[PDB]
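This report refers to the structure that appears directly beneath it.
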Amino acid sequence: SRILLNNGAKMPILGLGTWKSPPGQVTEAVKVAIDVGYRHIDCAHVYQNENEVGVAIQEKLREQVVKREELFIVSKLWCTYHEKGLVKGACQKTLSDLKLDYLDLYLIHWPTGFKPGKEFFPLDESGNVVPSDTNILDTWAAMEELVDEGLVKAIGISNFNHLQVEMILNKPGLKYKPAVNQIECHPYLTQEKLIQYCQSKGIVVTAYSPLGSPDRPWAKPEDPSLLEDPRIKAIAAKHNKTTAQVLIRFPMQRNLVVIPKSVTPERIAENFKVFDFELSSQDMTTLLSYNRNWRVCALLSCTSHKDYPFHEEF
Ligand SMILES: NC(=O)c1ccc[n+]([C@@H]2O[C@H](COP(=O)([O-])OP(=O)(O)OC[C@H]3O[C@@H](n4cnc5c(N)ncnc54)[C@H](OP(=O)(O)O)[C@@H]3O)[C@@H](O)[C@H]2O)c1
Ligand SMILES: O=C(O)Cc1nn(Cc2nc3cc(C(F)(F)F)ccc3s2)c(=O)c2ccccc12
């Protein structure tokens with residue numbers, strides 16, 4: 001149930017997502033999740049709930065439900081902290097909230113640096129994001145130092161397109177290769193090109209929004225719902241599983257890590273029950289065949305950043 005990273009650590013292939021989990025509900029959600037078997041939690045500073053996630057983690061270690069070494073805890077460096085001089089601080093405030101003394105994995109959350117400040121999305125009066133000078137090679141070096149200092153066991157990247165992943169891999173003096181690239185991926189955005197690139201380079205891919213992020217604040221009525229796709233429902237029924245379990249099992253069979261979010265205990269538990277069945281080889285190609293190149297996770301105010309990752313094909 002885990003995948004070996006290029007740092008020699010093992011990463012559970014199922015993790016719990018925490019974006020949009022309300023601060024008042026995520027502590028119990030992570031407690032239920034660890035009680036039912038999750039050992040990987042996907043966090044971020046920008047999700048504004050790391051303190052409450054960390055309460056849950058701490059209580060389960062105190063309770064001795066689990067050992068720290070059995071947990072795989074991931075967090076991410078927000079965009080307003082790309083400056084070489086800010087990265088360690090940002091890591092330590094995540095560690096502080098999570099009540100941890102190290103992370104298993106720490107990602108550059110997006111390849112785009114924003115102006116530092118306490119606003120997460122600094123905009124100009126016309127609504128464009130205000131970039132920071134910073135480039136991802138100096139940000140990367142700063143991430144490497146977090147390894148050297150023992151704050152993080154592994155480092156990786158998120159939302160990097162293949163030319164940006166290649167930028168890091170061709171970095172002069174590269175000390176630690178990225179271990180993971182965490183990207184949007186589901187039957188409507190199957191990412192074959194970028195996943196093959198990354199796997200070819202020994203970089204593990206984590207699939208985010210594997211259910212389509214139906215709770216994304218900017219969803220519109222017109223938008224498709226993977227959970228309600230009759231095709232996927234038929235595959236589900238054939239296996240006597242739910243559509244969600246199918247959507248979760250699908251990336252697992254492509255040698256991906258997948259991190260479905262829920263704050264509903266019954267769904268946390270259901271979503272983990274995906275080790276007891278297999279999708280067939282044909283199921284898998286059929287699922288891939290639903291690609292629409294429909295991306296749900298992005299932001300118009302950032303399209304003009306020099307490092308906006310989605311103008312490129314992949
Ligand atoms: N690196 C990045 O840039 C990035 C971007 C996006 C997401 N992520 C990570 O990926 C995680 C997952 O992506 P996501 O939150 O965007 O969306 P998702 O996991 O694709 O969708 C979560 C939505 O599905 C619902 N849901 C969960 N299990 C269900 C089930 N069994 N049946 C029916 N509905 C179910 C959840 O409802 P309830 O919660 O109400 O039960 C919630 O509304 C995030 O939380 C975050 O950790 C990272
Ligand atoms: O970030 C998450 O985990 C979820 C996430 N996604 N988005 C959509 C985004 N689209 C982006 C595009 C770029 C870009 F790189 F393209 F410029 C940079 C930054 C972003 S944020 C949000 O606006 C957001 C806001 C609060 C908390 C989480 C998120």
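All residue numbers refer to positions in the sequence shown, counting from 1. Basis for what follows: all heavy atoms, side chains included, without hydrogens, waters or symmetry-related copies. Just so you know, ligand 1 is whichever comes first in the structure, and atom 1 is the first atom listed for that ligand. Header says: X-ray crystallography, 1.6 Å.
- As PDB records put it, the drug at ligand 2 is zopolrestat.
- This structure shows the largest set of contacts to zopolrestat coming from the chain the PDB entry labels Aldose reductase.
- Remark: zopolrestat atoms within the under-4.0 Å shell around heavy atoms of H109 are 1 (O), 2 (C), 3 (O).
- Here's the thing with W218: none of its N/O atoms is less than 3.5 angstrom from an N/O atom of zopolrestat.
- With ligand atoms numbered from 1 in the order given, zopolrestat contributes 6 (N), 8 (C) to contacts under 4.0 Å with heavy atoms of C297.
- At under 3.5 Å, not a single nitrogen or oxygen of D307, backbone or side chain, sits near a nitrogen or oxygen of zopolrestat.
- Given atom 16 (F) of zopolrestat, the protein heavy atom at minimum distance is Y308 CD1, 2.9 Å.
- Closest to atom 28 (C) of zopolrestat, if we only count protein heavy atoms, is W19 NE1, 3.0 Å.
- The closest protein non-hydrogen atom to atom 13 (C) of zopolrestat is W110 CE3, 3.3 Å.
- Among all protein heavy atoms, the one lying closest to atom 23 (O) of zopolrestat is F121 CZ, 3.6 Å.
- Remark: zopolrestat atoms within the under-4.0 Å shell around heavy atoms of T112 are 14 (C), 15 (F), 17 (F), 18 (C).
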